[PDB]
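These notes are about the structure you will find just below.
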There are 2 protein chains.
Amino acid sequence: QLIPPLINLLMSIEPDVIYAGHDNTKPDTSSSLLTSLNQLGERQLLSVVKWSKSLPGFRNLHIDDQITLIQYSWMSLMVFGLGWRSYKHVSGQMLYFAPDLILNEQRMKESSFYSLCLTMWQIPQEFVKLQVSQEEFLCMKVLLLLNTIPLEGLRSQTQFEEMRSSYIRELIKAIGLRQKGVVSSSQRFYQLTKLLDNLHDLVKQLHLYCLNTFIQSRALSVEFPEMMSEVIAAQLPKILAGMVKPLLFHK
Amino acid sequence: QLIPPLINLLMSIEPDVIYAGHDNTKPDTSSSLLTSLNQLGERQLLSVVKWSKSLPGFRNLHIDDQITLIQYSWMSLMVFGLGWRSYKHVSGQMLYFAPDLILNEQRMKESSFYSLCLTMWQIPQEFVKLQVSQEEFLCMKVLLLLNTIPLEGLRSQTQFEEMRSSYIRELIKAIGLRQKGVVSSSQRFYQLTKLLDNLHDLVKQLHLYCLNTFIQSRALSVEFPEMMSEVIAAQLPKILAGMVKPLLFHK
Ligand SMILES: Cn1c(C#N)ccc1-c1ccc2c(c1)C(C)(C)OC(=S)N2
Ligand SMILES: Cn1c(C#N)ccc1-c1ccc2c(c1)C(C)(C)OC(=S)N2
């Protein structure tokens, strides 16, 4: 009723529940956990591709641009969605990767990658502190898809600029749904966009761990499915080397 | 008598000629050329480790630090040695990888590989311009070995620093063999140490190209030998991610 139409459209095209297909009747091993995380990843990737086809504005960018944005942003979209699920289903106090892959802190501690779990866990904790709304989350998730471009820019740079600006304007409207008053709503825009800026650094730790694990995947018995392997091979070294342009809302 | 004894020692421990074992017989492909450079890189890795065992001071660092410095500097030493040979044998006008692997423009077909070679070519071009002497080159090449350290520094940090100052003093002596005046001498030291600073950015492009290729090796039909492979897997992602401290002579 009071919800802006683009936001209702964003809510309508959100994915259904995605399962990891993890055993759970067997004790965790570093290899089985990471394999399920990658299987979950492959499924989430498929879901991003489907979502992106319905995302207003996106289909009108050159196909190369679309592929590039998905390849740059997949880890940040996954970790943001994890943040949201963990916030909404478990009050932020477990990592809700999937309904069949939920790690409470004890399961994190016994994982082999406790510190990485803790890094990821920061996000749901920030959602709790900021009380991020569904409408703000939906807009912020679009901006993450649009949050890095090549050094040379995109083929459809003009159209990207219009689309990114439109979702920023939409995030502003989502904030205005609750944050009444110029000073509160102004501060809120700072905080939410600052959070997105801060994700670049958090995602860099995930990127490095993921790349090392991919390079060592045979030794470590971690499987990487096809689309996951393709995105990692295409872009992660270049992203880690800073040979792309992360977009920031603040200096 | 005129040549400082340490520089004489550096001349004497310099590696013998290294062949790539390249098949000039058959026409070259991009994959077969990259394979040959990786084979040359394997052979050069062994020569670097042998060289370092006779390099005054080096064997006195903690063994972990020795391994770290070689693994950090492998690419830079290889490209610096390439600049020296191209300068010496072909007036800087071809890339003299080995006596059986010399590339000119016509042999750099793929634009990606050609751009990479243009990057490497800057070094012999500068050697030709500055008329770098063997004595300068030999001191500079030790400082390259010593030109990046871990973020937490080395185990033998004190010894490393003394060793680095020693070779900086030896470079000054090298410059004094020819650059007679105090002003000329200081400006020459600036130029040579700026060239070393500038190698970090240059080598970063080689590191990224190398990691991408390693990641896609099976698909590109490019062979990476065992020792090279370990160096790339152990350090390149971390180096590219900026998780080391490059040392700079100038701000
Ligand atoms: C699946 N997922 C979500 C979700 N949901 C958030 C982050 C990730 C995700 C997916 C795959 C990987 C990783 C995280 C990490 C553990 C860094 O390392 C490797 S090797 N693969
Ligand atoms: C062998 N070598 C010299 C010499 N001499 C200088 C630089 C290199 C050297 C060695 C191996 C590789 C590379 C350069 C590049 C082309 C970057 O990419 C790949 S995939 N491997």
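Chains are lettered A, B, ... in the order of the sequence lines. The numbering of chain A matches the PDB entry: 682-932, in order. Following the PDB entry, chain B shows residues 682-932, kept in their order. Read the numbers this way: they start at 1 and go in the same order the structure lists the ligands and their atoms. Header lists the method as X-ray crystallography, 2.0 Å. Basis for what follows: all heavy atoms, side chains included, without hydrogens, waters or symmetry-related copies.
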Handout entry: Identity of drug at ligand 1, options thalidomide, belinostat, tanaproget
Key = tanaproget
Problem - Partner of tanaproget (ligand 1) with greatest heavy-atom contacts, name from the PDB entry - result: Progesterone receptor
Exercise for the section: Using a heavy-atom cut-off of 4.0 Å, enumerate the other chains touching tanaproget (ligand 1). Expected result: A
Problem - For A:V760, the tanaproget (ligand 1) atoms whose distance to one of its heavy atoms is below 4.0 Å - result: 6 (C)
Handout entry: Proximity winner for atom 3 (C) of tanaproget (ligand 1), if only heavy atoms of A:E723, A:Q720, A:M909, A:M759 are counted
Key = A:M759
Problem - atom 13 (C) of tanaproget (ligand 1) [closest protein heavy-atom partner, distance rounded to 0.1 Å] - result: A:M756 CE, 4.2 Å
Handout entry: tanaproget (ligand 1) atoms in contact with A:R766 (distance to a heavy atom under 4.0 Å)
Key = 4 (C), 5 (N)
Exercise for the section: Distance to 0.1 Å, residue and atom name: give those for the protein heavy atom nearest to atom 16 (C) of tanaproget (ligand 1). Expected result: A:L797 CD2, 3.6 Å
Exercise for the section: Please name the UniProt domain of chain A that makes most of the contacts with tanaproget (ligand 1). Expected result: NR LBD
Exercise for the section: Flag A:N719 as yes when one of its N or O atoms lies below 3.5 Å from any N or O atom of tanaproget (ligand 1), and as no otherwise. Expected result: yes
Practice task
Find the residues of chain A UniProt lists as binding progesterone whose heavy atoms come closer than 4.0 Å to tanaproget (ligand 1).
Solution key: A:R766
Handout entry: Short N or O distance, A:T894 and tanaproget (ligand 1), threshold 3.5 Å exclusive
Key = no
Problem - Proximal atoms of tanaproget (ligand 1) relative to A:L887 (non-hydrogen, under 4.0 Å) - result: 17 (C)
Problem - N or O contact, A:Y890 vs tanaproget (ligand 1), cut-off under 3.5 Å - result: no
Practice task
Identify, for atom 10 (C) of tanaproget (ligand 1), the protein heavy atom at the shortest distance, and state residue, atom and that distance.
Solution key: A:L718 O, 3.6 Å
Handout entry: Heavy-atom contacts of tanaproget (ligand 1) within 4.0 Å
Key = A:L715, A:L718, A:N719, A:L721, A:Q725, A:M756, A:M759, A:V760, A:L763, A:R766, A:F778, A:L797, A:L887, A:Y890, A:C891, A:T894, A:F905
